[PDB]
*Asks:* 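Quick one: structure below, then a few questions.
Counting from 1, the numbers follow the sequence of the chain as shown. Quick note: numbers below take in every heavy atom, side chains included, and nothing from hydrogens, waters or symmetry partners. When a ligand or atom number is given, it counts from 1 through the structure's own listing order.
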Amino acid sequence: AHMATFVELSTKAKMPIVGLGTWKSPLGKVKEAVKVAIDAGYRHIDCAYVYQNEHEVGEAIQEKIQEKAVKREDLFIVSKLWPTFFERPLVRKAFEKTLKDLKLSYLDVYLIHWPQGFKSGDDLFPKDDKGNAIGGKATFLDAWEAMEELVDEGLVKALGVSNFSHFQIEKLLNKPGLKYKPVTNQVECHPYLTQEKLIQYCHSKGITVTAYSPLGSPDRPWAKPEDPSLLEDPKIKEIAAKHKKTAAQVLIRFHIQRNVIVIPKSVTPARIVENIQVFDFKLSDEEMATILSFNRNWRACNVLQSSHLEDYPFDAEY
Ligand SMILES: NC(=O)c1ccc[n+]([C@@H]2O[C@H](COP(=O)([O-])OP(=O)(O)OC[C@H]3O[C@@H](n4cnc5c(N)ncnc54)[C@H](OP(=O)(O)O)[C@@H]3O)[C@@H](O)[C@H]2O)c1
Ligand SMILES: O=C(O)c1ccccc1Nc1cccc(C(F)(F)F)c1
């Protein structure tokens, strides 16, 4: 039985520092993973409309609630609003599909998944005849206002953002009539992309950071053989052996010691358990400085390439 440390949000809700990520996987693979996770002691599950797999997650949580394995109040469920749904009637409609598939009556956190609004319509990745993304009418600011209504109505406990730079967080924070603040910024983070200035910024504003792709997302479709490889990184493995731990566990523990929430994904039961076995060791302050020095500003997750649209987050330094 395991329990992740709590990270307290500006709303005083407690966010488990390790969560289970839910990257697309067939078919009931993700459902069992959620079941296995809950068994092992995970309470934080990270979800997304775009994965189109949220119903599996829903079946899993439902069954474990009836089985009496877990209660709702102890689960910490996060999902996100995809950019093609920023227009106000769409926000509510996308959210409702999320909350339905998940068979919940509320989310602990609802995130803006990406800062740039995309063309509304059937496509989730609207593109021109030349491949480039098509912008939409509503902004992330427009979306946020609709999302704040969800909080007003007790459908969501707290809001946050994902893939935001500090310039975009600044715009959100300085928005007139702002009701609710982002409790987290979920972004890619690992030793090749250490996000030092952004984490500094968020924390200075009382906004937590959630590290995604902490293992380098090896299963990403667009990987290349020469794309650097965190899990196979000899200097990571060496630090691991020193603690009698796996490379994956070191990569996870790295965020924990920076006070950064982290959501490693696995549909393999042995790995799910292993990925939460990370509160029995501690990297030395010298091991942490060594890992921090691996920063090469490499993004595994930069597929969108809507660098032509307004509010592209990765143009910013941080
Ligand atoms: N924009 C966003 O907000 C955003 C973007 C990307 C990801 N995310 C979230 O973050 C989560 C995690 O990121 P990710 O899925 O991109 O990549 P990740 O967690 O860095 O890596 C997942 C991959 O590593 C494998 N793996 C898991 N544990 C392992 C272990 N102990 N040893 C060796 N291999 C292991 C998994 O394989 P098996 O599953 O086959 O075990 C899977 O292929 C996602 O599921 C999603 O929830 C959010
Ligand atoms: O997975 C995210 O959170 C994500 C975020 C921004 C851009 C792309 C993203 N990934 C994504 C989007 C659609 C389908 C799949 C895949 F099925 F490959 F997992 C992965």
*Asks:* Please tell me which drug sits at ligand 2.
*Replies:* flufenamic acid
*Asks:* What would the PDB entry call the macromolecule that lies against flufenamic acid with the most contacts here?
*Replies:* Aldo-keto reductase family 1 member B10
*Asks:* Have a look at flufenamic acid and work out which part of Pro221, if any, has a heavy atom under 4.0 Å from it: side chain, backbone, both or neither.
*Replies:* side chain
*Asks:* Check contact between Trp114 and flufenamic acid, using heavy atoms of the residue and a distance below 4.0 angstrom.
*Replies:* no
*Asks:* With atoms numbered from 1 as shown, which atoms in flufenamic acid lie under 4.0 angstrom from a non-hydrogen atom of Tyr51?
*Replies:* 1 (O), 2 (C), 3 (O)
*Asks:* How close does the nearest protein non-hydrogen atom get to atom 9 (C) of flufenamic acid, and which residue and atom is it?
*Replies:* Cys301 SG, 4.5 Å
*Asks:* Return the residue, atom name and 0.1 Å-rounded distance of the protein heavy atom closest to atom 17 (F) of flufenamic acid.
*Replies:* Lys24 CD, 3.1 Å
*Asks:* I'm curious how flufenamic acid sits relative to the natural ligand site. Which residues UniProt lists as binding substrate in chain A have a heavy atom closer than 4.0 Å to it?
*Replies:* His113
*Asks:* Between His113 and flufenamic acid, which residue portion shows a heavy-atom distance shorter than 4.0 Å: side chain, backbone, both, or neither?
*Replies:* side chain
*Asks:* Help me out: UniProt NADP(+)-binding residues in chain A, which have a heavy atom under 4.0 Å from flufenamic acid?
*Replies:* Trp23, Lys24
*Asks:* Which protein heavy atom lies closest to atom 15 (C) of flufenamic acid, and at what distance to 0.1 Å?
*Replies:* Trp23 CZ2, 4.2 Å
*Asks:* Of the backbone atoms (N, CA, C, O) and the side-chain heavy atoms from C-beta on, which set of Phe125 has a member under 4.0 Å from an atom of flufenamic acid: side chain, backbone, both, or neither?
*Replies:* side chain
*Asks:* Tell me the contacting part of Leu124 for flufenamic acid: side chain, backbone, both, or neither, using a 4.0 Å heavy-atom threshold, strictly below.
*Replies:* neither
*Asks:* Any idea which protein heavy atom is nearest atom 8 (C) of flufenamic acid, and the distance to it?
*Replies:* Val303 CG1, 3.7 Å
*Asks:* Considering only heavy atoms, does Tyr212 approach flufenamic acid within less than 4.0 Å through its side chain, its backbone, both, or neither?
*Replies:* neither
*Asks:* What is the closest UniProt-listed active-site residue in chain A relative to flufenamic acid, with its shortest non-hydrogen distance rounded to 1 Å?
*Replies:* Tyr51, 3 Å
*Asks:* Identify the binding-site residues of flufenamic acid at 4.0 Å, heavy atoms only.
*Replies:* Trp23, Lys24, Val50, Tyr51, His113, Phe125, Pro221, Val303, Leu304
*Asks:* What are the atom names and distances for all N or O pairs under 3.5 Å between flufenamic acid and the protein?
*Replies:*
unit_1	atom_1	unit_2	atom_2	d
flufenamic acid	1 (O)	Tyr51	OH	2.6
flufenamic acid	3 (O)	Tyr51	OH	3.1
flufenamic acid	3 (O)	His113	NE2	2.9

